[PDB]
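Entry overview - Carbapenem-hydrolyzing beta-lactamase KPC with meropenem (bound form) in place.
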Amino acid sequence: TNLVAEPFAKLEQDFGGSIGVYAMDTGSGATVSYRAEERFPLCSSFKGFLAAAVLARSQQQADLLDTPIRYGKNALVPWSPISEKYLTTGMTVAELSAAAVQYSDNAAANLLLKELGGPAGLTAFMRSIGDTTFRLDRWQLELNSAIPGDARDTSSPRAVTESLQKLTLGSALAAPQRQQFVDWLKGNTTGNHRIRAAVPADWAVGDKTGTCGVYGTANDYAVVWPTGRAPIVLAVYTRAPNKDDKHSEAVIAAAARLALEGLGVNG
Ligand SMILES: *C(=O)[C@@H]([C@@H]1N=C(C(=O)O)[C@H](S[C@@H]2CN[C@H](C(=O)N(C)C)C2)[C@@H]1C)[C@@H](C)O
């Protein structure tokens, strides 16, 4: 980290808030860390871990992913771009999971959170893989309040990265479910201006974004596969002191670039 600690501080000072980064080179175990153990709001980024928890359950329930789910108009909350198109038909659990990951579909996320036993059930899943930091406490959209100092609905960049590595590259999911989780992340549509903007076009990447809409709070986490070397797992989270401070995608991309530079990944 010492290779880039000064550029990280300058970046967050220009941003006018706080930036949290953890990045892990899964080959050597080398890391880059900046505010890595501070809590930041998850915002919509909890939905990636939600889809992983669904996949974990599907290991014990072979009919889960194909199960149709029907929902009423009152389930459709703002930014439900996929589930609004299937209001009159329903969608399967797998389809809802893909929509939650790849479009950050809010109705889909709420339906899946219900299936898993709510915020505590997702928290329990994260505990089961060894993440003692993650906490989900509320539902979409109350969980995005991003109040300064409020630990509800937060994690740290380090724990996000550690859990993402276990789920995408480690043994937390069985191999078929692991590849499905990776495929959903690779198909994300909402992150082109964040970690992906720091990653060369010939490298594979999967990610999940979050944007709370207040307190300069937004984030992205990703697995990146540079060619010819082991994958990199990283998390970039931001917040800022004032409710109407705006988030910045460019700052997230810039922080990801610094993380890769610190790890010595030529990009
Ligand atoms: C999650 O953080 C919110 C929902 N998830 C996303 C996403 O792409 O991760 C969008 S936030 C994205 C950033 N700029 C736009 C915005 O903030 N809007 C539309 C208000 C779109 C979506 C809102 C969740 C809190 O709803």
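One is the number of the first residue; the rest follow in order along the sequence. Just so you know, ligand 1 is whichever comes first in the structure, and atom 1 is the first atom listed for that ligand. The analysis underlying the following values was restricted to heavy atoms, covering all of them including side chains, and did not include hydrogens, waters or symmetry mates.
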**Q.** 4.0 Å heavy-atom contacts with meropenem (bound form)
**A.** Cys43, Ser44, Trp79, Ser104, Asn106, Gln140, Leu141, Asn144, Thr190, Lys208, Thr209, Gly210, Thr211
Q: Among all protein heavy atoms, pick the one closest to atom 11 (S) of meropenem (bound form) and tell me residue, atom and distance.
A: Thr211 CB, 3.4 Å
Q. Which meropenem (bound form) atoms, with their elements, are less than 4.0 angstrom from a heavy-atom of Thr190?
A. 8 (O)
Q) Which heavy atom of the protein is the closest neighbour of atom 24 (C) of meropenem (bound form), given with residue, atom name and distance? A) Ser44 OG, 2.9 Å
Q | Any non-hydrogen protein atom less than 4.0 Å away from atom 21 (C) of meropenem (bound form) | A | no
Q: Quick one: look up the protein heavy atom nearest atom 9 (O) of meropenem (bound form) and list residue, atom name and how far away it is.
A: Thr209 OG1, 2.8 Å
Q.
Is it the case that meropenem (bound form) has an N or O less than 3.5 angstrom from some N or O of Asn144?
A. no
Q.
Within meropenem (bound form), which atoms have a heavy atom of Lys208 less than 4.0 Å away?
A. 9 (O)
Q | Atoms of meropenem (bound form) close to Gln140 [distance to a heavy atom under 4.0 angstrom, numbered from 1] | A | 24 (C)
Q.
If we count only non-hydrogen protein atoms and require a distance under 4.0 Å, does atom 15 (C) of meropenem (bound form) qualify as touching the protein?
A. no
Q. Judging by distance only, is a nitrogen or oxygen of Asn106 under 3.5 angstrom from one on meropenem (bound form)?
A. yes
Q | Contacts by heavy atom under 4.0 Å between meropenem (bound form) and UniProt beta-lactam-binding residues of chain A | A | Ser44, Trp79, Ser104, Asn106, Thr209, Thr211
**Q.** Contact bool for atom 18 (N) of meropenem (bound form) (protein heavy atom, d < 4.0 Å)
**A.** no
**Q.** Protein heavy-atom partner closest to atom 5 (N) of meropenem (bound form) - residue, atom, separation in Å
**A.** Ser104 OG, 2.6 Å
**Q.** Where meropenem (bound form) meets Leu141 - atom numbers and elements under 4.0 angstrom, heavy-atom basis
**A.** 26 (O)
(Q) Out of curiosity, which residue and atom connect to meropenem (bound form) through a covalent bond, if any? (A) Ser44 OG
Q) Measuring heavy atom to heavy atom, which UniProt active-site residue of chain A lies nearest meropenem (bound form), and how far away, to 1 Å? A) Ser44, 1 Å
